[PDB]
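Read the structure below first, then the notes.
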Amino acid sequence: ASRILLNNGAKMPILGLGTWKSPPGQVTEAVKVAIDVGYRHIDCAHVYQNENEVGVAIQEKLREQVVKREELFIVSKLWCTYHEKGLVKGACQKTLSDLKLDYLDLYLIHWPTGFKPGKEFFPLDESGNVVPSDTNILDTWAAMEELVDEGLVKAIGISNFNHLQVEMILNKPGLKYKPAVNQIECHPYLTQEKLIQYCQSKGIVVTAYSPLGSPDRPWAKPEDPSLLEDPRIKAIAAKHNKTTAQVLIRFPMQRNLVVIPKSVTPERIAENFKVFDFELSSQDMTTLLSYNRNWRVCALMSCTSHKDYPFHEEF
Ligand SMILES: NC(=O)c1ccc[n+]([C@@H]2O[C@H](COP(=O)([O-])OP(=O)(O)OC[C@H]3O[C@@H](n4cnc5c(N)ncnc54)[C@H](OP(=O)(O)O)[C@@H]3O)[C@@H](O)[C@H]2O)c1
Ligand SMILES: O=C1NC(=O)[C@@]2(CCOc3ccc(F)cc32)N1
C-alpha cells in the first residue's frame with residue numbers, strides 16, 4: 001500500500017520528501033519536481049529556515065491543479081524554543097503562514113527538550129550549555145492538543161522521543177489525543193527494533209528519518225560508516241536491479257514505517273520514488289537489520305545535560 005492509517009483516522013503516505021539542509025534557493029524546484037513525479041508527503045520544520053520556499057512550491061502545484069490539498073500530507077515540527085504553552089499556537093501559525101496552508105496534516109514536537117524562548121534556536125549560557133525551559137513536555141502536549149481542537153492541524157505527534165518519554169505522554173493525566181507518529185532516526189546502522197516495536201504496539205506510526213545516513217550532515221567525518229557505500233548493501237541492491245538508495249528506502253517501508261529521504265537533485269528525487277515495484281526478501285530484511293551498530297547521525301550532542309535528553313536510555 002502507498003499510505004498507512006493513523007490513529008486519527010487519516011491516511012499518511014509512507015514515502016515523503018525530506019527538506020532538512022535543502023537550500024532555500026533549490027528547495028522550491030525540489031518540491032515542485034517531487035510533486036510532479038508522485039510525492040504527496042513533504043516533511044518540514046521551522047528550524048530548517050526554508051518553509052517559505054517549500055510553501056511556494058506547494059502553492060504553485062495546488063494553483064496548477066497538479067494536486068489537490070486533500071491529496072497532500074504536509075508535516076512540520078514545533079522547535080525547542082517554543083515549548084511554552086503560550087508560544088505553541090504562534091509557532092504553528094508562523095509555519096502555516098510560511099507554507100501558505102490553512103492546516104497541517106501532522107505537527108510534531110521536534111525534540112522532547114524545551115529551550116529558553118528567544119531569537120536563538122540554541123540559546124547558550126556563557127559556558128556553552130544550552131539553556132533549558134522549565135515547561136514539561138506534558139504541558140507542551142496539551143498545547144499541541146489545542147491545535148487539533150482549533151483546526152490548525154489534523155494530527156499531532158512527537159519526534160526523537162525515547163520509550164520512557166513516549167510512555168509519559170501515553171500516561172498523561174487527562175490525555176485527549178494520543179500521538180499519531182513518532183519520527184525517529186532509523187537505518188541499517190540504527191535499526192531501533194525496541195522503540196519501533198513499542199510504538200507500533202501502541203498504534204503509533206513510526207517515521208524513519210536519515211534513511212540514507214544523511215551523507216550531507218554538517219558534522220560528517222571520514223572514519224564514519226557510510227550506508228550508501230556499504231558493499232554489502234550495494235550487493236543486495238545489485239541483486240534486485242535497484243540502487244543502494246532504493247534499497248535503503250524500501251527497507252523501512254517493509255517494516256511498516258513511513259520514510260522521508262531528502263534530496264534536492266531532480267534525478268534522485270525521481271529515483272527515490274521508484275520503490276513500489278520490488279520486494280526485499282525476509283532474508284534481505286534480516287540481513288539489513290544485522291548491520292545495526294547503534295550509530296546515530298543526530299545525537300543532539302550539545303544537549304546531553306538537558307533533563308529530557310532522549311538518548312541516555314537504551315531505547
Ligand atoms: N525529526 C528530526 O529530528 C529529523 C532529523 C533529521 C532528519 N529529519 C528529516 O529526515 C529527512 C531525511 O534525513 P536527512 O536529510 O538527514 O538525510 P537522508 O535523507 O538520509 O540523506 C540526504 C542526503 O542523501 C543524498 N541523496 C538523496 N538521494 C540520493 C540518492 N538516490 N543517491 C545518492 N545520494 C542521495 C542527498 O543529496 P542531494 O540532496 O544533494 O541529492 C543528501 O546529501 C530530513 O531532510 C528531514 O526532513 C528529521
Ligand atoms: O531535521 C533535523 N531536525 C533536527 O533537529 C536537526 C538535527 C539536530 O539539530 C538540528 C539543528 C538545526 C537544524 F536546522 C536541524 C537540526 N535536523
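Sequence positions, counted from 1, serve as the residue numbers for this chain. Hydrogens, waters and symmetry mates are skipped; everything else that's a heavy atom, side chains included, is used. Numbering of ligands and ligand atoms starts at 1, following listing order.
In this entry, more contacts with ligand 2 come from one chain than from any other, and UniProt calls that chain Aldo-keto reductase family 1 member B1. As for ligand 2, the drug there is sorbinil. The closest approach between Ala45 and sorbinil stays at or above 4.0 Å for every heavy atom of the residue.
Close approach of sorbinil to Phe122 (heavy-atom distance below 4.0 Å) involves ligand atoms 11 (C). Scanning all protein heavy atoms for the shortest distance to atom 12 (C) of sorbinil gives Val47 CG2, 4.0 Å. The nearest heavy-atom contact from the protein to atom 1 (O) of sorbinil is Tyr48 OH, 2.4 Å. Closest to atom 7 (C) of sorbinil, if we only count protein heavy atoms, is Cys298 SG, 3.6 Å.
Look at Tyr209 and you'll find every heavy atom at least 4.0 Å from all atoms of sorbinil. For chain A, a heavy atom less than 4.0 Å from sorbinil occurs in the following UniProt substrate-binding residues: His110.
The residue of chain A annotated as active site in UniProt and closest to sorbinil, together with its heavy-atom distance to 1 Å, is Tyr48, 2 Å.
Scanning the protein heavy atoms around atom 15 (C) of sorbinil, the nearest turns out to be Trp20 NE1, 3.1 Å. Short version: no covalent link from sorbinil to a chain. Nearest protein heavy-atom neighbour of atom 4 (C) of sorbinil: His110 NE2, 3.3 Å. Contacts between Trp111 and sorbinil below 4.0 angstrom, taking non-hydrogen atoms only, involve the side chain exclusively. Residues with a heavy atom within 4.0 Å of sorbinil: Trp20, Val47, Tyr48, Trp79, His110, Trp111, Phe122, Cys298.
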